[PDB]
Peer 1: 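Dumping the structure here so I can ask a few things about it.
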Amino acid sequence: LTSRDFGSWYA
Amino acid sequence: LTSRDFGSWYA
Amino acid sequence: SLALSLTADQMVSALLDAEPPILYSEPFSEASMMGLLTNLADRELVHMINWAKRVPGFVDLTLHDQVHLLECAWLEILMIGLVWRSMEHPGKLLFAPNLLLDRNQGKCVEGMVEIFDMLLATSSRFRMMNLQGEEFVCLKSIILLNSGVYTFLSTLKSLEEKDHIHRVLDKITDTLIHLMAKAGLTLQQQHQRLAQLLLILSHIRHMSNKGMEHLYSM
Amino acid sequence: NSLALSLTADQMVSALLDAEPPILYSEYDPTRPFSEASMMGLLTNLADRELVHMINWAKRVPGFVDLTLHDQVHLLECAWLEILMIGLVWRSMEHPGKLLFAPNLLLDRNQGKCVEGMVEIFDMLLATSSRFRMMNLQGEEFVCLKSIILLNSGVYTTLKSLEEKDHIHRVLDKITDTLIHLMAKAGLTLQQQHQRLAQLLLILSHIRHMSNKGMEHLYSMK
Ligand SMILES: CC/C(=C(\c1ccc(O)cc1)c1ccc(OCCN(C)C)cc1)c1ccccc1
Ligand SMILES: CC/C(=C(\c1ccc(O)cc1)c1ccc(OCCN(C)C)cc1)c1ccccc1
């Protein structure tokens, strides 16, 4: 689990 | 005397 | 709103027009020095209230919101003013034309040398960027509108007030970019410099917070 | 071209994403019901574990380890609470009105009242969550802001001195290029790009404010 598993990402 | 009397200004 | 229909040149003119008087101060001890600084600040606060009412957008807010913004920003505004007028004096703080102090003298007030060093560092950063007065005046208006916006407070009106402030902040951004473009900066240089300027506001916040802590302690 | 200033915008984003720290779970022992830390102990324990990961993250940020050790420690000691806080806000954005300290420790505003003085700080973090939601802050933007906080917060607090401050400012400029590129690639106009960059940077002054208030509180409860 990191920040990359939360919220919206441009890509 | 104001800030205008100090430093550099673009104009 | 007057504010949102202003061109970049007209915003600059309005902010220049609004600039307050630079005051003259009326051995040292901690007591006397804080006395001088307190007296000068209290006089500058009178002029600051009238300045703030001349910042495009500010008068469109309720009197309650105007007071709140000034209560949050006032020390930041005094400090950025100080840094600006100290820019051409490496190693010194020009509190007034007749009160020019170096850091040795900051140590008069236990706790103040920390703050004095931070101010000098900001002054040195301004100098290192060759900050111009039009940019300084924009930054000062940003502090006014921005510093207390996240601690407003429950009504539709209030949400409408925040939207307004953000709209004006966007116009000040456009104005900075305009000044920089007119000064012959590349698009790349324009965004880099916009970032450099706005990042200094975090440091001005930090200094105001340390200042407020010191004032409360005493 | 593997050094920091040589990286393209895409390569910088990619490197920063690779360096993201783990999101920790709050430690729990079902066999120790009665020594469950107070609210403050739970947050302290979490934060201390996060700080170990933070040092290693910072030292993976391209450019950071080019600084002297003294300067690295300085920047870290200035930024650490801002960095915990922005990380907290990111992961809390999908939980309006709440703070996701950990996947197994999701707290509401009123739980902030468990520590005198803490609710003020919870309120400010919640307003940040709300600001980020209203902007539709994207992950790659959050990741650039963290690095900006690391490099910026202690820079303002002698030849090589100036040399090091010069290097920091160059890396900061590269991260600005990186933010702009992300926005440009997303199809924002130049005007929308400059307006958005400024909106994001102004939130950093609020994050500074929150960290100042938190440090004050921590130092009071010594
Ligand atoms: C950094 C200089 C300074 C003040 C100052 C800054 C800029 C300026 O143009 C004039 C003064 C300062 C000192 C005292 C002060 O008291 C205000 C109390 N009034 C509002 C009742 C305000 C600013 C100060 C602030 C806090 C602690 C120690 C010193
Ligand atoms: C606001 C949440 C918080 C902390 C926190 C923030 C984000 C996060 O992911 C985890 C915790 C907090 C609490 C305690 C703390 O102390 C660490 C002590 N070490 C450094 C010795 C740090 C942050 C806190 C900070 C200051 C005062 C009271 C509470």
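The chain called A is the first sequence line; B is the second; the pattern continues. Chain A residue numbers are taken from the PDB entry; in order, the displayed residues are 1-11. Residues displayed in chain B correspond, in order, to the PDB entry positions 1-11. In chain C, numbers come from the PDB entry; the residues present are 305-330, 336-462, 464-528, in order. In order, the residues displayed for chain D correspond to 304-460, 465-529 in the PDB entry numbering, which applies throughout. In listed order, ligands and their atoms are each counted from 1. Values below: every heavy atom of this structure, side chains too, minus hydrogens, waters and symmetry copies.
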Peer 1: Which chain forms the chief contact surface with ligand 2, and what is its name in UniProt?
Peer 2: Estrogen receptor
Peer 1: Okay, my options are TAK-659, GW5638, 4-hydroxytamoxifen, AZD5363. Which one is at ligand 2?
Peer 2: 4-hydroxytamoxifen
Peer 1: Which other chains show a non-hydrogen atom at a distance under 4.0 Å from 4-hydroxytamoxifen (ligand 2)?
Peer 2: D
Peer 1: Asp351(D) versus 4-hydroxytamoxifen (ligand 2): do any nitrogen or oxygen atoms come within less than 3.5 Å of each other?
Peer 2: yes
Peer 1: Please classify the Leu354(D) to 4-hydroxytamoxifen (ligand 2) contact at 4.0 Å (heavy-atom distances, strictly less than): side chain, backbone, both or neither.
Peer 2: side chain
Peer 1: Which protein heavy atom lies closest to atom 7 (C) of 4-hydroxytamoxifen (ligand 2), and at what distance to 0.1 Å?
Peer 2: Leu387(D) CB, 3.8 Å
Peer 1: By UniProt annotation, which domain of chain D has the most residues touching 4-hydroxytamoxifen (ligand 2)?
Peer 2: NR LBD
Peer 1: Identify, by atom number and element, the atoms of 4-hydroxytamoxifen (ligand 2) in contact range of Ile424(D), meaning under 4.0 Å from any of its heavy atoms.
Peer 2: 1 (C)
Peer 1: Suppose we measure from atom 29 (C) of 4-hydroxytamoxifen (ligand 2) to each protein heavy atom; which comes out shortest, and what is that distance?
Peer 2: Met421(D) SD, 3.6 Å
Peer 1: So if I count the atoms of 4-hydroxytamoxifen (ligand 2) from 1 in the order they appear, which ones are less than 4.0 Å from some heavy atom of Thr347(D)?
Peer 2: 14 (C)
Peer 1: Return the residue, atom name and 0.1 Å-rounded distance of the protein heavy atom closest to atom 9 (O) of 4-hydroxytamoxifen (ligand 2).
Peer 2: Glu353(D) OE1, 2.6 Å
Peer 1: Quick one: does 4-hydroxytamoxifen (ligand 2) sit under 4.0 Å from the side chain of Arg394(D), the backbone, both or neither, non-hydrogen atoms only?
Peer 2: side chain
Peer 1: Got an N/O contact under 3.5 Å between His524(D) and 4-hydroxytamoxifen (ligand 2)?
Peer 2: no
Peer 1: For atom 24 (C) of 4-hydroxytamoxifen (ligand 2), what's the nearest protein heavy-atom neighbour? Residue, atom name and distance, please.
Peer 2: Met343(D) CE, 4.6 Å
Peer 1: Judged on heavy-atom distance to atom 16 (O) of 4-hydroxytamoxifen (ligand 2), which of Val392(D), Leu525(D), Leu410(D) sits nearest?
Peer 2: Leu525(D)
Peer 1: List the closest protein heavy-atom neighbour of atom 5 (C) of 4-hydroxytamoxifen (ligand 2): residue, atom name, distance to the nearest 0.1 Å.
Peer 2: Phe404(D) CE2, 4.0 Å
Peer 1: Looking at 4-hydroxytamoxifen (ligand 2), are there other ligands or ions closer than 4.0 Å?
Peer 2: none
Peer 1: Nearest protein heavy-atom contact for atom 22 (C) of 4-hydroxytamoxifen (ligand 2): which residue, which atom, what distance?
Peer 2: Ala350(D) CB, 3.5 Å
Peer 1: I'm curious whether 4-hydroxytamoxifen (ligand 2) gets near the natural ligand site - which UniProt 17beta-estradiol-binding residues in chain D have a heavy atom within 4.0 Å of it?
Peer 2: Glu353(D), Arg394(D), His524(D)
Peer 1: Applying a strict 4.0 Å limit to heavy atoms, is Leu428(D) in contact with 4-hydroxytamoxifen (ligand 2)?
Peer 2: yes
Peer 1: Which other-chain residues have at least one non-hydrogen atom less than 4.0 Å from 4-hydroxytamoxifen (ligand 2)?
Peer 2: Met343(D), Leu346(D), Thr347(D), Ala350(D), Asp351(D), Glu353(D), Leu354(D), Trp383(D), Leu384(D), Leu387(D), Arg394(D), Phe404(D), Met421(D), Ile424(D), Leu428(D), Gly521(D), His524(D), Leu525(D)
